[PDB]
Every structure is written in structure tokens, then in C-alpha cells.
*Asks:* 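Following up with a structure containing simvastatin acid.
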Amino acid sequence: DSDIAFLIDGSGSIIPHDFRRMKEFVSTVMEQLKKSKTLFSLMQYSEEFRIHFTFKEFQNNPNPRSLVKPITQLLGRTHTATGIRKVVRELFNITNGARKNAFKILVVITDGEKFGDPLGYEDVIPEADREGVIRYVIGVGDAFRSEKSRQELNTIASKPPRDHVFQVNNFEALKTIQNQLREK
Ligand SMILES: CCC(C)(C)C(=O)O[C@H]1C[C@@H](C)C=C2C=C[C@H](C)[C@H](CC[C@@H](O)C[C@@H](O)CC(=O)O)[C@H]21
Ligand SMILES: [Mg+2]
């Protein structure tokens, strides 16, 4: 009943310690939701974009370790808004294994410093709402330490922000998603 896509920040500002933590966060969400009706898909972005697995590819090989282990960090600039547009148009496409009546969830993992993107969040967030995608944001590094990055996380997340913005250092986001999925 639910299709969950990950969009993870592989840009130069993300230190390898945090990138590693993104990989274990994503893997743990998948591992915890195994034996459920959830499909998973993941894109890494910087100034380039890498689909590491589609929903269909997860369905054919639902092994979180096998799917996430070979992921290496892109480095480069931070095109978060374009990444969101590509997730919506490509990952949640039926050609890639996305399902018609599935509950759509996007989990964006970033430090909240979009940089060099020709697109603004105003260019892509409406499209995300148009396709019914629920957006959770997982902050990393110093995302919560300045007002600019805090507000950027809020801008990406579905409303209200306090229900959709979380940290990579814990699994509160997973608890919330599990609760949402249970209720739904
Ligand atoms: C891009 C060519 C340019 C501007 C001439 C240059 O000399 O560029 C330097 C100077 C500085 C002002 C701005 C830069 C922008 C991108 C380059 C990866 C580089 C490193 C800063 C960058 O690593 C900061 C991270 O935040 C990247 C990201 O995560 O988006 C850095
Ligand atoms: Mg960056």
C-alpha cells in the first residue's frame, strides 16, 4: 500500500561520516519494513543524479544490504530541487514499478543547503503535491544549527513541518512513518 522513495544528498558539503549514516538510516528503514507491503526506490543527487534502484529493482532484489552497500558518494554541488523533480517524474513512474493506488512517500536526506540548482523549491514542491507525494525530511550535519538551513528543511517537508522534519541521528522519522502507515 506504500511506495517510499529516498533522495539522498551526496554533495561535497556532506562529510563521509554523515553519508555513511545516511546509508545505514535508509537500510534500517528498509530492513524494518521488510515483510510489509512497502516498495523502495533510491536516488542520490549532487549536481548529477543517480538512481541506485527503482521500485521494480527493489521488488526483484529486496535486500537492503545488497542494494545500499555499493553506493558511493558523488560529491559536487547540491541540486536538491531538481532532485525532487526527478524523483517525482522518474521514481514514482509506473514504468519503474510504482503502483497506482499506493501511498507515496518521499524521504529527503540533506544538510539543507541547496546550492547551484537552476531550480527553486517553488518550481518543484507544487508538482510533488500535485502527485500526492508526502515529504519527510531528514536533516544531517549542521542543518538544525542555523535559521536558513532549518527553514530550508521546512520548505521541503510536507505540512506541518514538525510532523515531517527529523534527524538522521535517530529513528524518530521511522517511528512516525510506521505510525502513519498503521493509521492509513
Ligand atoms: C565552481 C567554480 C568556482 C566558483 C570558480 C570555484 O572555485 O568554486 C569554489 C569557490 C567557492 C566560492 C564556491 C565553490 C563552489 C563549488 C565548488 C565545489 C567549490 C567548493 C565549495 C563547495 O564544496 C561547497 C559545498 O557546499 C558544495 C555543495 O555541497 O554543494 C567552491
Ligand atoms: Mg551540499
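Sequence positions for chain A are given in the PDB entry numbering; the residues included correspond to 132-315, in order. Below, all heavy atoms of this structure are taken into account, side chains as well, without hydrogens, waters or symmetry copies. Just follow the structure's listing: the first ligand is 1, and inside any ligand the first atom is 1.
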*Asks:* Indicate which ligands or chains correspond to simvastatin acid.
*Replies:* ligand 1
*Asks:* What would UniProt call the macromolecule that lies against simvastatin acid (ligand 1) with the most contacts here?
*Replies:* Integrin alpha-M
*Asks:* Give the source organism of chain A as stated in the entry.
*Replies:* Homo sapiens
*Asks:* Relative to atom 4 (C) of simvastatin acid (ligand 1), which among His210, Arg208, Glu178, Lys245 owns the nearest non-hydrogen atom?
*Replies:* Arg208
*Asks:* Which of the UniProt domains in chain A holds the largest share of residues touching simvastatin acid (ligand 1)?
*Replies:* vwfa
*Asks:* Protein non-hydrogen atoms only, distance under 4.0 Å: does atom 15 (C) of simvastatin acid (ligand 1) have such a neighbour?
*Replies:* yes
*Asks:* If we only count N/O pairs under 3.5 Å, is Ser142 in contact with simvastatin acid (ligand 1)?
*Replies:* yes
*Asks:* Would you check whether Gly207 reaches within less than 4.0 Å of simvastatin acid (ligand 1), judged by its heavy atoms?
*Replies:* yes
*Asks:* Measure from atom 8 (O) of simvastatin acid (ligand 1) to the protein's non-hydrogen atoms and state whether any distance is below 4.0 Å.
*Replies:* no
*Asks:* With atoms numbered from 1 as shown, which atoms in simvastatin acid (ligand 1) lie under 4.0 angstrom from a non-hydrogen atom of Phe246?
*Replies:* 15 (C), 16 (C), 30 (O)
*Asks:* Give the other ligands and ions closer than 4.0 Å to simvastatin acid (ligand 1), with numbers and names.
*Replies:* ligand 2 (magnesium ion)
*Asks:* Write out the residues of other chains lying under 4.0 Å from simvastatin acid (ligand 1), heavy atoms counted.
*Replies:* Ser142, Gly143, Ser144, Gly207, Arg208, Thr209, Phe246
